[PDB]
Structure formats: structure tokens, C-alpha cells
**Student:** 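Right, I'll just put the structure down here and ask away after.
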2 protein chains.
Amino acid sequence: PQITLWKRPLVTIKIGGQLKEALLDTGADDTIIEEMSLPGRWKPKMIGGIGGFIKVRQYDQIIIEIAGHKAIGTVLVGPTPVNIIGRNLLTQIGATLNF
Amino acid sequence: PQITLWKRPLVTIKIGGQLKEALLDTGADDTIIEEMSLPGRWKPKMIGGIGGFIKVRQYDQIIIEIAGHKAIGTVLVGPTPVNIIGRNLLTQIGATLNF
Ligand SMILES: CC(C)CN(C[C@@H](O)[C@H](Cc1ccccc1)NC(=O)O[C@H]1CO[C@H]2OCC[C@H]21)S(=O)(=O)c1ccc(N)cc1
Ligand SMILES: CC(C)CN(C[C@@H](O)[C@H](Cc1ccccc1)NC(=O)O[C@H]1CO[C@H]2OCC[C@H]21)S(=O)(=O)c1ccc(N)cc1
Ligand SMILES: [Cl-]
Ligand SMILES: [Cl-]
Ligand SMILES: [Cl-]
């Protein structure tokens, strides 16, 4: 698609048997969601945002469908106020920002 | 241009006759610039993301040039670690996400 930005660019994502939605976020280096069903052990990671820094749960090799496109990569679980697809996965689906 | 997302999508901006650089951020609802002087009256606001909220000054109807393209709209000023062009100004230059 060619997505305008008058509203948040939310898309359907799928992980395992869970359908969720997430914000395509060109300003995010990494993907973060609030919850993933029964995802096993993580590795701790720190990341920054505008308000300070948060502890997150790093999961590697996650198979995730994003707007109908398959990606496989790292998904963080943490206290993000909105689920975000960051550049680590945007590049896998071939997303570009155009003007 | 067509901007791939293997690195942060930073572009040149001009605001207040000053050349700066900012992140094109589809995850940001509104634009936030590091501390600088802007004309007109401002209003106090707060904005939120990862790690919580920050206090900002809201300036309305500010001219800006984003990668050579003029936009006019609301600019927040405050303690962001990176200058961010959010959707309120990305829409003014016709930016889209394409995949
Ligand atoms: C978290 C989003 C819903 C909102 N944010 C925009 C977002 O793109 C920020 C924009 C951003 C970018 C750098 C530093 C701070 C904020 N990225 C971000 O927090 O990404 C984090 C996950 O990947 C990591 O890479 C960048 C920081 C980490 S935000 O900066 O908090 C923000 C919120 C509201 C407005 N109006 C403007 C900006
Ligand atoms: C972007 C900032 C300028 C926003 N300001 C937040 C304020 O707390 C700043 C935040 C702040 C902190 C340090 C440096 C700059 C701004 N403090 C400030 O201006 O302190 C002044 C008093 O001491 C002086 O030395 C520091 C600046 C001067 S603020 O305009 O007063 C304001 C207040 C409340 C809200 N919600 C929104 C805005
Ligand atoms: Cl709509
Ligand atoms: Cl979708
Ligand atoms: Cl589990």
C-alpha cells in the first residue's frame, strides 16, 4: 500500500495465533509490543524513549506477519504505550518513506 | 525521495532561519524540536511515549522547511533527545509509507 499519515499508521500483525495491531514507527529503531502469548524466556534489554529508559524483554527469531507480509526477527515486550513496528522489521517488509 | 530504513530517516530542516536535522517519525503524532527560540505566544503542554511524559511549549503556525519542502503548523519545543518531525507536518509534505 501507499499509506498517508493523517491518522496513525496502524496495521494488522499476527504472532502465533494472536492477531494484534501495531503502529508503523519510522522513528523506532526496534519493535516493541505490550504482550505476546506464552513466549518463553527472554533476555533483558534497555531502551530509551522520550521520557527516559525502560527495561524490556528481548525475544529473537519471532515469526510475525505485518500487514500481510512475513518477517522474522527480534521483538521486544515492554511497557510501550502503543505497539510499535520499528525499523528492524520495516526493512524486512520493504517499507520506505516517500515524498 | 524514497528513503529506506536501514538507518534512521534523518533529514535537513530549516526552522527559525537555522539549519538543523530531524527524524522523520511516523510514530510521532506531532513535531518536537529541541530548545530554541520561536516567535509568537506558546502554550504549555505534555507529551508521552516510552518512559513517560515530558513538558513542552506549543507554538502554532510555525514555518519550517523539511528536506526542502515548506510546511506550516504546530511545533512543540522541549527536551527530546532528537528533533522529530511528526505526522502533523509529514502530512503537509505528502509523505507516505510504501510497501
Ligand atoms: C513511542 C511512540 C508511540 C511515540 N514516540 C515516537 C517514536 O518514534 C520515538 C522517537 C524517538 C527516537 C529517539 C529517541 C527518542 C524518541 N521512538 C522510540 O521511542 O523508539 C524507541 C524504540 O526503538 C528505539 O529507537 C529509538 C528510541 C527507542 S515519542 O518520541 O514518544 C513522541 C510522542 C508524541 C509526540 N507528539 C512526538 C513524539
Ligand atoms: C521546554 C521547556 C522550556 C518547558 N518548560 C518546562 C520547565 O520545567 C523548564 C525545563 C528546563 C530545564 C532546564 C533547562 C531548560 C528547560 N524549566 C525552566 O525553564 O527552568 C527555568 C528556571 O531555571 C532556569 O534554568 C533552567 C531554565 C530556566 S515550561 O515552558 O515552563 C512549561 C511548564 C509546564 C508545561 N506543562 C509545559 C511547559
Ligand atoms: Cl481515514
Ligand atoms: Cl493492515
Ligand atoms: Cl511462557
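So you know, we letter chains A, B, ... as the sequences are listed, proteins then strands, and number each from 1. Just so you know, ligand 1 is whichever comes first in the structure, and atom 1 is the first atom listed for that ligand. This deposition comes from X-ray crystallography, 0.8 Å.
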**Student:** From fedratinib, tezacaftor, udenafil, darunavir, ouabain, can you tell which is the drug at ligand 2?
**Tutor:**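 Here it's darunavir.
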**Student:** Which partner chain accounts for the most atom contacts with darunavir (ligand 2), named as in the PDB entry?
**Tutor:** HIV-1 Protease
**Student:** Help me out: which other chains have any heavy atom nearer than 4.0 Å to darunavir (ligand 2)?
**Tutor:** B
**Student:** Counting non-hydrogen protein atoms only, what is the nearest one to atom 32 (C) of darunavir (ligand 2)? Give residue, atom name and distance.
**Tutor:**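 Answer, as residue, atom name and distance: B:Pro44 CB, 4.3 Å.
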**Student:** Near B:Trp42, which atoms of darunavir (ligand 2) are under 4.0 Å from a heavy atom of that residue?
**Tutor:** 30 (O)
**Student:** Could you find the nearest protein heavy atom to atom 34 (C) of darunavir (ligand 2) and give me its residue, atom name and distance?
**Tutor:**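 Scanning the protein heavy atoms, the shortest distance from atom 34 (C) of darunavir (ligand 2) goes to B:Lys55 CD, 3.7 Å.
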**Student:** Strictly less than 4.0 Å: does any protein heavy-atom distance to atom 20 (O) of darunavir (ligand 2) fall in that range?
**Tutor:**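 Protein heavy atom within 4.0 Å of atom 20 (O) of darunavir (ligand 2): absent.
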**Student:** Any protein heavy atom at under 4.0 Å, with atom 3 (C) of darunavir (ligand 2) as the reference point?
**Tutor:** yes
**Student:** What ions or other ligands lie within less than 4.0 Å of darunavir (ligand 2)?
**Tutor:** none
**Student:** Do protein heavy atoms approach atom 9 (C) of darunavir (ligand 2) to less than 4.0 Å?
**Tutor:**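 No, there is no protein heavy atom closer to it than 4.0 Å.
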**Student:** Within 4.0 Å of atom 17 (N) of darunavir (ligand 2) (strictly less), any protein heavy atom?
**Tutor:**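 Given the 4.0 Å limit, the answer for atom 17 (N) of darunavir (ligand 2) is no, no protein heavy atom qualifies.
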**Student:** Taking only heavy atoms of B:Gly78 into account, list the atoms of darunavir (ligand 2) that are under 4.0 Å away from them.
**Tutor:**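 Result: 1 (C).
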**Student:** For atom 38 (C) of darunavir (ligand 2), which candidate among B:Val56, B:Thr80, B:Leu76 holds the nearest heavy atom?
**Tutor:** B:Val56
**Student:** Tell me the nearest of B:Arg57, B:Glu35, B:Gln58 to atom 29 (S) of darunavir (ligand 2), using heavy-atom distances.
**Tutor:** B:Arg57
**Student:** To the nearest 0.1 Å, how far is atom 36 (N) of darunavir (ligand 2) from its closest protein heavy atom, and which atom is that?
**Tutor:** B:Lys45 O, 3.3 Å
**Student:** For atom 1 (C) of darunavir (ligand 2), what's the nearest protein heavy-atom neighbour? Residue, atom name and distance, please.
**Tutor:** B:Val77 O, 3.3 Å
**Student:** Which residues from other chains neighbour darunavir (ligand 2) at a non-hydrogen distance under 4.0 Å?
**Tutor:**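 Residues with a heavy atom in range: B:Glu35, B:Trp42, B:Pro44, B:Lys45, B:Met46, B:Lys55, B:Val56, B:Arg57, B:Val77, B:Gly78.
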